[PDB]
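Heads up: the structure comes next, in structure tokens.
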Amino acid sequence: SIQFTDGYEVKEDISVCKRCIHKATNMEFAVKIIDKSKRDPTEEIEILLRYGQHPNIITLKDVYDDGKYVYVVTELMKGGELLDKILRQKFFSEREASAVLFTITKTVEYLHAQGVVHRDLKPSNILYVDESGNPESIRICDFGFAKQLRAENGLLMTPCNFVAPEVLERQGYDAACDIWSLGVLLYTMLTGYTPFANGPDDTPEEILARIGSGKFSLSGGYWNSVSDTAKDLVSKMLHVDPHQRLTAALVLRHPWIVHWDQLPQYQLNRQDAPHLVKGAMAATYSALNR
Ligand SMILES: COC(=O)CCC(=O)OC
Ligand SMILES: COC(=O)CCC(=O)OC
Ligand code: NA
């Protein structure tokens, strides 16, 4: 009945994502406009409906379906990408890096336990809702690739009936891939450069050759100022073998997360090239998805 046009005014582009105005309040929101002939966003909407009330998951405000497009209205992120803000802070410290990773990983731990893998958890999908710089303002966004574990009969399941074994191991693989991207995030927060790519021009083959070799530098340079506890966690999040990589639950038990209050609060020594990083990250995830 009531359409999206009726309660909202559409504004500039930000699937297609636009800014909009709720007419009764003049508050502003984001709407993701989804072409039903391209893809079925039932999964994405079910996940946002069930789980968007989490303080650190993007919150769903309104949904409409006109038969062509689905309109998914959410809070509008006004604080930009997390990594963009953090890489431009000269005085950022491991203690702040740990508070950020804690907030994010606690959210991922909750999702995985509810049977949800994100599958697109790159840094540019992790944003700040406002400019406060507070970890509470973090939001994980874009669940367009996420998946709920289900049984054969359609019944929502949690990893703790009958689910096909290859649905389970694939879910396991997907959850590990989620943690690996949080590893990429951590590495980059600590040093100002990404682990597998130097810039947007790195070839996909060389990025994948680095990923597949399971090796990345944890010593020297920007890493001289960084604690062993941090390096240890990074190494266990980026481990190339998903069977050996930490889970979200184990990340939260690492002393770098638990003992944050013993972490150095002096400034990290980092590359300052946030725009280079952005292109290196895009190159890294392009190589991955192919
Ligand atoms: C309402 O959803 C959007 O505005 C799409 C963009 C996005 O979520 O990027 C992280
Ligand atoms: C299929 O993609 C993934 O498994 C992402 C994580 C990963 O590449 O670890 C090496
Ligand atoms: Na939320």
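Residue numbering for chain A follows the PDB entry, covering 415-428, 434-579, 583-712 in order. Values reported hereafter were calculated over all heavy atoms of this structure, with side chains retained and with hydrogens, waters and symmetry mates removed. Note that ligands are numbered from 1 as they come in the structure, with each ligand's atoms numbered from 1 the same way. Structure method, as recorded: X-ray crystallography, 1.9 Å.
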Which of dimethyl fumarate, acetohydroxamic acid, phloroglucinol is the molecule at ligand 1? dimethyl fumarate
Write down the macromolecule with more contacts to dimethyl fumarate (ligand 1) than any other chain, named per UniProt. Ribosomal protein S6 kinase alpha-3
Any idea which residues from other chains are within 4.0 Å of dimethyl fumarate (ligand 1), non-hydrogen atoms only? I428, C436, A449, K451, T493, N544, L546, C560, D561
What does the PDB entry report as the organism for chain A? Mus musculus
Under a 4.0 angstrom heavy-atom cut-off, which atoms of dimethyl fumarate (ligand 1) come close to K451? 1 (C), 2 (O)
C560 heavy atoms, cut-off 4.0 Å: which dimethyl fumarate (ligand 1) atoms fall inside? 8 (O), 10 (C)
Residue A449 vicinity, atoms of dimethyl fumarate (ligand 1) by number, heavy atom under 4.0 Å: 1 (C), 4 (O)
How far is atom 1 (C) of dimethyl fumarate (ligand 1) from the closest protein heavy atom, and which atom is that? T493 OG1, 3.3 Å
Where is the nearest protein heavy atom to atom 6 (C) of dimethyl fumarate (ligand 1): which residue, which atom, and how far? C436 SG, 3.2 Å
Across chain A, in which UniProt domain are most residues that contact dimethyl fumarate (ligand 1) found? Protein kinase 2
Give the residue and atom name of whichever protein heavy atom lies nearest to atom 10 (C) of dimethyl fumarate (ligand 1), and the separation in Å to one decimal. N544 OD1, 3.2 Å
